[PDB]
Colleague: 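Provided herewith is a single structure, encoded as structure tokens, for subsequent inquiry.
Per the PDB entry, chain A residues shown: 1-330, in order. All values below were derived from every heavy atom in this structure, side-chain atoms included, with hydrogens, water molecules and symmetry-related copies excluded. All ligand and atom numbering here is 1-based and tracks the order in the structure.
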Amino acid sequence: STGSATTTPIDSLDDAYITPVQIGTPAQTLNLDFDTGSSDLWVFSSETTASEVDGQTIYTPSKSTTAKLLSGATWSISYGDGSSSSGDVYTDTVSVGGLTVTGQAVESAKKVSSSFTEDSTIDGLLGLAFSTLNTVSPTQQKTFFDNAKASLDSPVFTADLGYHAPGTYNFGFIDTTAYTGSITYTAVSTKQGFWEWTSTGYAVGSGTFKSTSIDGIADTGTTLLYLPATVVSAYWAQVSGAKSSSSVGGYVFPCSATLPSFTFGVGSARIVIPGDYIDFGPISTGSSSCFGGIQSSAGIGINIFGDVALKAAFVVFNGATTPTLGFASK
Ligand SMILES: CC(C)c1nc(CN(C)C(=O)N[C@H](C(=O)N[C@@H](Cc2ccccc2)C[C@H](O)[C@H](Cc2ccccc2)NC(=O)OCc2cncs2)C(C)C)cs1
């Protein structure tokens, strides 16, 4: 089997991407944020505290003839930005782009933090990291991909995120028409539960490539590219007037600037992030100070290849016995 679904930016900055997911019988379609940096499939639901729901579409398990309470199971997750959610669990039929998993754990939120409430476009998360990070207790649950894998034509999924445009998530096959050149594969460590890999270096603009190992995670659920402070300083030093603002919480630059590209290495191959991808717009409405899309990871404790990086590539998440990651230009 295979599945193929379009993923759509939630706003004009590509802050996140949402993908329609069918849950239950008859189907309830929710728009989920596919996240290769976490491993819980959780949704806004009929159980979510009413004051914490503001415009999202909800899952109502009582309206699904295939929903079954997963008795005694609870979940609770805390994310890198301080956001969180928690609740109870149902198993139900879940389909993505024509690929169906029966018996998928659907984590129903009873509570969500303010950042989720305030985003009416995201109806929940679909985690695509390793199932060892799933938070359901006392019986840990598998991700949608892990449950589907043995049925897929190939044990893979791909992320092809668009710049100011929709993209695609494919399950079980590699669309050889979706990229240029060849795919370069690189080793993954699963020891922390993430798609954790090592970039071989970077370049800023037309500058020389610096060979240096940069460990980090391929993370579709984070908007920006978070790298060591050394790398980030070398980038922004090429932009007149850019500076790190403690008040704003990172690097800002004059909205009048034209930004240089940023290249990262994948083995001997190179992925080029165009300058325009690094512009996240005014820090507040009407400001002439713009927010940078490359920021320091210091204090996060991990480097994060978020959407700014991934959307410059066709990315293969290879869930073979020894997982690997592939990157191609497109
Ligand atoms: C316009 C508005 C709606 C939006 N702003 C954003 C930008 N934001 C907030 C982020 O990128 N926030 C990032 C974040 O926490 N992302 C998260 C939550 C999230 C989900 C959906 C939408 C938005 C956020 C999702 C990410 O995959 C992070 C990556 C990570 C991993 C380890 C350590 C630190 C970080 N995953 C986790 O935090 O997983 C932690 C886990 C805990 N237990 C099991 S896994 C930070 C790391 C920067 C997106 S949409």
Colleague: Answer with one of netupitant, irinotecan, ritonavir, tasurgratinib, etoposide for the drug at ligand 1.
Modeller: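 Here it's ritonavir.
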Colleague: For ritonavir (ligand 1), which chain gives the most heavy-atom pairs within 4.5 Å, and what name does UniProt use for it?
Modeller: Endothiapepsin
Colleague: At a 4.0 Å heavy-atom threshold, which residues contact ritonavir (ligand 1)?
Modeller: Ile10, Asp11, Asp15, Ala16, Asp33, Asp35, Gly37, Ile77, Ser78, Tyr79, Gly80, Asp81, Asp119, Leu125, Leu133, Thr135, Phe194, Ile217, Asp219, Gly221, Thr222, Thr223, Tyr226, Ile300, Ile304
Colleague: Compute the shortest N/O to N/O distance between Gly37 and ritonavir (ligand 1) and return yes if it is under 3.5 Å, no if not.
Modeller: yes
Colleague: For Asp15, counting its heavy atoms only, list the atoms of ritonavir (ligand 1) lying under 4.0 Å from any of them.
Modeller: 1 (C), 49 (C), 50 (S)
Colleague: Please identify which atoms of ritonavir (ligand 1) are closer than 4.0 Å to at least one heavy atom of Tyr226.
Modeller: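 Counting atoms of ritonavir (ligand 1) from 1, those under 4.0 Å from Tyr226 are 48 (C).
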Colleague: Which protein non-hydrogen atom lies closest to atom 13 (C) of ritonavir (ligand 1), naming both residue and atom, and how far is it?
Modeller: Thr222 OG1, 3.5 Å
Colleague: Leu133 heavy atoms, cut-off 4.0 Å: which ritonavir (ligand 1) atoms fall inside?
Modeller: 44 (C)
Colleague: Return the closest protein heavy atom for atom 3 (C) of ritonavir (ligand 1) as residue, atom name and distance.
Modeller: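 For atom 3 (C) of ritonavir (ligand 1), the nearest protein heavy atom comes out as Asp119 OD2, 2.8 Å.
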Colleague: Provide the number and element of each atom of ritonavir (ligand 1) under 4.0 Å from a heavy atom of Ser78.
Modeller: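 What qualifies from ritonavir (ligand 1) is 40 (C), 41 (C), 42 (C).
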Colleague: Can you tell me which residue and heavy atom of the protein come closest to atom 37 (C) of ritonavir (ligand 1), and the distance to 0.1 Å?
Modeller: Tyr79 CD2, 3.6 Å
Colleague: Which residue atom forms the covalent bond reported for ritonavir (ligand 1), if there is one?
Modeller: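 There is no covalent bond to a chain.
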Colleague: Which active-site residue (UniProt) of chain A lies closest to ritonavir (ligand 1), and what is the heavy-atom gap in whole Å?
Modeller: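 Measured on heavy atoms, the closest UniProt active-site residue is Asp35, 3 Å.
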Colleague: Help me out - which UniProt domain of chain A has the most residues in contact with ritonavir (ligand 1)?
Modeller: Peptidase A1
Colleague: If the cut-off is 4.0 Å to any non-hydrogen atom of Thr223, which atoms of ritonavir (ligand 1) fall inside it?
Modeller: 6 (C), 7 (C), 11 (O), 49 (C)
Colleague: Which of the numbered atoms in ritonavir (ligand 1) are under 4.0 angstrom from any heavy atom belonging to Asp35?
Modeller: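 Counting atoms of ritonavir (ligand 1) from 1, those under 4.0 Å from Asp35 are 25 (C), 26 (C), 27 (O).
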Colleague: Pull out every atom of ritonavir (ligand 1) sitting under 4.0 Å from any heavy atom of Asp33, numbered as shown with elements.
Modeller: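 Ritonavir (ligand 1) atoms under the 4.0 Å threshold to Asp33: 21 (C), 22 (C).
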Colleague: Which heavy atom of the protein is the closest neighbour of atom 38 (O) of ritonavir (ligand 1), given with residue, atom name and distance?
Modeller: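 Closest protein heavy atom to atom 38 (O) of ritonavir (ligand 1): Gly80 N, 2.9 Å.
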Colleague: For atom 33 (C) of ritonavir (ligand 1), what's the nearest protein heavy atom and its distance?
Modeller: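 Going by distance alone, atom 33 (C) of ritonavir (ligand 1) is nearest to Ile302 CG2, 4.1 Å.
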Colleague: If we only count N/O pairs under 3.5 Å, is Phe116 in contact with ritonavir (ligand 1)?
Modeller: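 For ritonavir (ligand 1), there is no N or O atom that lies under 3.5 Å from one belonging to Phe116.
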Colleague: If you have a sec, work out which protein heavy atom is nearest atom 23 (C) of ritonavir (ligand 1) and how many Å separate them, to one decimal?
Modeller: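 The closest heavy atom on the protein side is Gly221 O, 4.1 Å.
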Colleague: For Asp81, take its heavy atoms, then give the atoms of ritonavir (ligand 1) lying under 4.0 Å from any of them.
Modeller: 9 (C), 12 (N), 14 (C), 15 (O), 24 (C)
